[PDB]
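Looking at a structure with cetuximab today.
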Amino acid sequence: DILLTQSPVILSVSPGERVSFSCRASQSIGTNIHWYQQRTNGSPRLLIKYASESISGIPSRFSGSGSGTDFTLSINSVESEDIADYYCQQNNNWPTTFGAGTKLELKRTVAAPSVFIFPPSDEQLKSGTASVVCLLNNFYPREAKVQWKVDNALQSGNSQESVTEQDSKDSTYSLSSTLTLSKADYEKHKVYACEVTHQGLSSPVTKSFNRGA
Amino acid sequence: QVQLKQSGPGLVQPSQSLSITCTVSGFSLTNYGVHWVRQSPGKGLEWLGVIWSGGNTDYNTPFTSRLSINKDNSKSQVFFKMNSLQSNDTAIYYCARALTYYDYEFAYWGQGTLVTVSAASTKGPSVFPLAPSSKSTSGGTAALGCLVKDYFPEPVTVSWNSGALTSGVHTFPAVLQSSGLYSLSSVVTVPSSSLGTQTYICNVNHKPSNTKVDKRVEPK
Amino acid sequence: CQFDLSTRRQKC
Ligand SMILES: *[C@@H]1O[C@H](CO)[C@@H](O)[C@H](O)[C@H]1NC(C)=O
């Protein structure tokens, strides 16, 4: 089967900039190449067919070129809504095969997270488990540290983080840090603190509550 | 409009078979072929096969032994079936239609069906409020959310106020707990002055367990 | 990078 090699693996550009994606084939495939965009939680969307031919409903800023083995998908002025992965597909040789994709990240100005902390609901406490949630909302860039402390003891290994993909409108990330304790352990302690470190903060920001008030 | 709607996501036991139904509209199965493509961590996008207008089928070489595609033209349905699944068959499965009847440029896609191959059991989530307070209200903006905890398998869909509320919503990617069950949170920021007048409900749906929960989230 | 089933996005 034809091997399609996409490079580079990740692209990172600022809005308004031109950007190009490379798709290389293991043997010549004329112009039998199609390109797709995949957004967060989406199905692939067909961008270009046969190397350079346009698709109805696709913005004009998308184009493609190339023939033989070397192919290029281009976006002449990147917008935040372009945050996605991009795939090539060849169909000169059965069976049709896809490349492994290139990721497109957008740069933007530094944005400090807004930090919120949520104690466990009394509902959850009835099940014998306590989740304490810390939210870091709408920040850039992606690197952040969350430090948990219970009664000034460093918490380690009992929390999990999830991070959103880049927002398609404002290019920020959001992060959730969830600290999980048995109801028994939770009731044996008073001060629950989430400490947040980020490039956009001059000092770490701490949000906390006392179990009760 | 041209559309392809797939059957819901779910669990299949290892060495068992997978069945997906693709239902189309805006065109006739007698005029177009329907293709099947999957997407997995290990192998990315793979074309699996196709059923053509007149009923002929082609299967990608490593799948001929365990893949069957059938359809009912009148009912506009295409039926995908794959035998003896193993773990690495865990993937998103899609049906798709080309631009022209004979071609492979996929302009129309189904919404995808997440198939988890696992010996485990389906388990619905519990939904817990992430209540707004003063420790979640700064500069007139309040954060609130829902903790969707202890379900299997993926996916779970979350929406706010029956779809009416989307602005400022963040639904976090699920994370696998040590229990082997998933957990996630979905949050939203709103004007804190609206907490007294507006109701906030996260609508949670875990199709693999047919678990639908609407959780009202109030300031505590 | 690897495709992520949770987000349908490439994870690196
Ligand atoms: C699944 O495993 C088989 C070997 O058991 C391998 O040939 C195949 O490529 C794998 N498929 C994946 C990783 O999607």
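Chain letters run A, B, ... following the sequence lines, proteins first and then strands; every chain starts at 1. Atom set for the values below is all heavy atoms of this structure, side chains included, hydrogens, waters and symmetry mates excluded. Structure method, as recorded: X-ray crystallography, 2.5 Å.
The full list of places where cetuximab can be found here is chains A and B. Other-chain residues and nucleotides with a heavy atom under 4.5 Å from cetuximab (chains A and B) are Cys1(C), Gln2(C), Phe3(C), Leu5(C), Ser6(C), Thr7(C), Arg8(C), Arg9(C), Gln10(C), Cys12(C).
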